[PDB]
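Note: structure shows estradiol engaged with Estrogen receptor.
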Number of protein chains: 2
Amino acid sequence: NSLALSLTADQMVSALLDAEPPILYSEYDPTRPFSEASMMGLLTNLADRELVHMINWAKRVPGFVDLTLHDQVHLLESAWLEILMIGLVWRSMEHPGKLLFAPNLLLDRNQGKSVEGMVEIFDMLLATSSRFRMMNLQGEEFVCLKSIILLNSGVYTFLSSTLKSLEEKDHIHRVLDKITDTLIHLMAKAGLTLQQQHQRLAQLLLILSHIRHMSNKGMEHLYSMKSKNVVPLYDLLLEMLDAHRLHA
Amino acid sequence: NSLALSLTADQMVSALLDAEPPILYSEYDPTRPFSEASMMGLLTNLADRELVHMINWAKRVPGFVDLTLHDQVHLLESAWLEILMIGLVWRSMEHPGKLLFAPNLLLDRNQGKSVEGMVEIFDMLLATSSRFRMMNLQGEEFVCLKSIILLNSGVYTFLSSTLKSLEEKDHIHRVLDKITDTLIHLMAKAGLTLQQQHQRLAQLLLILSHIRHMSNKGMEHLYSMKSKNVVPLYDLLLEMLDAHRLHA
Ligand SMILES: C[C@]12CC[C@@H]3c4ccc(O)cc4CC[C@H]3[C@@H]1CC[C@@H]2O
Ligand SMILES: C[C@]12CC[C@@H]3c4ccc(O)cc4CC[C@H]3[C@@H]1CC[C@@H]2O
């Protein structure tokens with residue numbers, strides 16, 4: 001019984017849409033040459049800035065703040081990259097063959113070749129973008145999916161069985177069911193038949209497994225550069241996630 | 001129009017069930033000590049033997065042989081490990097805390113600690129097994145899911161856009177929709193309401209994203225041992241997949 005399981009389909013949608021994060025710009029001098037900037041440095045700087053905003057977004061996803069601090073952290077540490085990728089793919093949907101990492105930063109596959117291992121990832125992201133185009137993915141659907149990833153990605157890795165942990169997983173699976181009801185709701189409204197509904201649902205959810213795959217590939221690349229000497233992501237997340245209530 | 005898109009739910013189920021592969025045994029001398037055998041050597045030998053049988057299984061999955069040789073190969077090269085894992089998890093469903101890799105080879109997490117990186121994977125597989133138990137996963141559902149993985153895992157990585165390739169992807173997405181219809185069918189029969197249906201469907205499909213994750217982790221481990229000097233999996237698959245029609 002909470003301000004999460006009570007909501008109706010349209011309430012969840014509105015909640016998710018209003019919670020959407022902003023679209024950041026790549027930080028580079030626009031009046032200066034380009035073959036000067038570090039593509040990676042740019043992508044990394046952008047991701048880091050977006051993370052800060054991803055936290056605000058998560059806290060506004062119905063049911064998320066009802067969880068424990070550490071559970072909230074685990075889920076984000078597990079899904080952060082997939083969340084960034086789906087957003088990226090969503091933005092690029094209307095730019096065939098390009099990835100709109102930022103309004104002032106559109107890259108085609110050729111531009112991903114200046115870095116080892118990056119070209120493969122760019123092609124998977126582009127292919128995902130085309131898939132969405134093909135499916136005519138809607139913004140209402142996009143938000144549900146992105147919220148689904150936040151909750152589902154790290155739910156199978158809680159290396160705990162305490163009573164509290166069982167109550168936590170139950171809650172998560174309950175919220176996910178509500179998001180499922182919403183997606184179906186959004187489809188019935190649209191005019192899709194019942195068959196087309198369960199079919200579109202499957203099609204969308206199965207894309208999530210490819211997004212997971214892209215994150216793993218991305219984690220591999222990321223983890224090959226940085227070294228075991230940097231505040232482990234867990235902590236940064238914890239610091240930003242464990243906020244006080246002073247700036248009332 | 002083919003012996004695939006024509007079938008009815010019960011026909012697909014029967015097809016999938018009758019096509020099930022056999023349960024192989026680990027090859028080791030049962031009358032000899034155990035701390036003697038190579039855990040990895042055993043797991044690798046088993047997987048290799050199962051692959052041979054996975055090919056026969058795939059060829060019997062409705063719609064699979066209508067695809068081109070190379071497409072059939074790509075899909076298997078992409079999903080083989082996930083297929084082995086789901087099967088493994090399915091077998092272990094009635095053995096809390098253990099992984100029944102084979103009837104004569106049951107291992108708990110302690111036994112996975114004799115090898116670097118393996119303990120993490122054992123825990124993800126065990127957690128998946130528990131999840132299925134919890135969901136009371138049915139054998140009819142299991143086969144649909146395993147078939148879904150075969151078709152969905154590598155469909156987003158066909159680095160081709162020829163007309164033939166578009167016709168190939170269309171076919172795959174059409175078969176997948178049929179498997180979706182089957183799953184729903186299997187649930188309505190069971191007595192689940194329409195809400196519980198789309199909800200159970202979501203729950204099952206979302207598990208597939210975790211199975212993908214386990215494969216990536218497994219591929220990382222596998223790829224860290226063997227060396228770039230072994231008949232690349234593509235070829236073994238091609239050889240076994242490109243069969244003649246002489247043993248009529
Ligand atoms: C993490 C990487 C840099 C940042 C990239 C990014 C940065 C911002 C964003 O919104 C999405 C993505 C998706 C792919 C990410 C890349 C995968 C490999 C690279 O290390
Ligand atoms: C591929 C590995 C050996 C074979 C293992 C196996 C072997 C047979 C099988 O039916 C399932 C699995 C799942 C995990 C696999 C392992 C993941 C890491 C290891 O290299």
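Order of the sequence lines sets the chain letters (A, B, ...), proteins ahead of strands, with each chain counted from 1. All values below were derived from every heavy atom in this structure, side-chain atoms included, with hydrogens, water molecules and symmetry-related copies excluded. For ligands, and for the atoms within them, numbers begin at 1 and follow the listed sequence.
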Next on the checklist: Could you check which other chains have a non-hydrogen atom under 4.0 Å from estradiol (ligand 1)?
Outcome noted: A
Checklist entry - What residues contact estradiol (ligand 1) if the heavy-atom distance limit is 4.0 Å? => result A/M40, A/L43, A/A47, A/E50, A/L84, A/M85, A/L88, A/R91, A/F101, A/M118, A/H221, A/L222
Checklist entry - Which atoms from estradiol (ligand 1) have a heavy atom of A/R91 less than 4.0 Å away? => result 10 (O)
Item to check | Heavy-atom contacts under 4.0 Å between estradiol (ligand 1) and UniProt 17beta-estradiol-binding residues of chain A | outcome: A/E50, A/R91, A/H221
Checklist entry - In terms of atom number and element, which parts of estradiol (ligand 1) are under 4.0 angstrom from non-hydrogen atoms of A/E50? => result 8 (C), 9 (C), 10 (O)
Item to check | Nearest protein heavy atom with distance in Å, relative to atom 7 (C) of estradiol (ligand 1) | outcome: A/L43 O, 3.6 Å
Item to check | Covalent tether of estradiol (ligand 1), if any | outcome: none
Checklist entry - Of all the non-hydrogen atoms in the protein, which one sits nearest to atom 15 (C) of estradiol (ligand 1), and at what distance? => result A/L81 CD1, 4.3 Å
Checklist entry - Between A/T44 and estradiol (ligand 1), does any nitrogen or oxygen pair lie at a separation below 3.5 Å? => result no
Checklist entry - Protein heavy atoms: any of them under 4.0 Å from atom 12 (C) of estradiol (ligand 1)? => result yes
Checklist entry - Considering only protein heavy atoms, which is closest to atom 5 (C) of estradiol (ligand 1), and at what distance to one decimal place? => result A/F101 CE2, 3.9 Å
Next on the checklist: Just wondering, where does the PDB say chain A originated?
Outcome noted: Homo sapiens
Checklist entry - Are any other ligands or ions in the structure closer to estradiol (ligand 1) than 4.0 Å? => result none
Checklist entry - To the nearest 0.1 Å, how far is atom 14 (C) of estradiol (ligand 1) from its closest protein heavy atom, and which atom is that? => result A/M85 CE, 4.1 Å
Checklist entry - Quick one: nearest non-hydrogen protein atom to atom 20 (O) of estradiol (ligand 1), plus distance? => result A/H221 ND1, 3.5 Å
Item to check | Numbered atoms and elements of estradiol (ligand 1) in range of A/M118, under 4.0 angstrom, heavy atoms | outcome: 17 (C), 18 (C)
Next on the checklist: Quick one: most residues of chain A near estradiol (ligand 1) sit in which UniProt domain?
Outcome noted: NR LBD
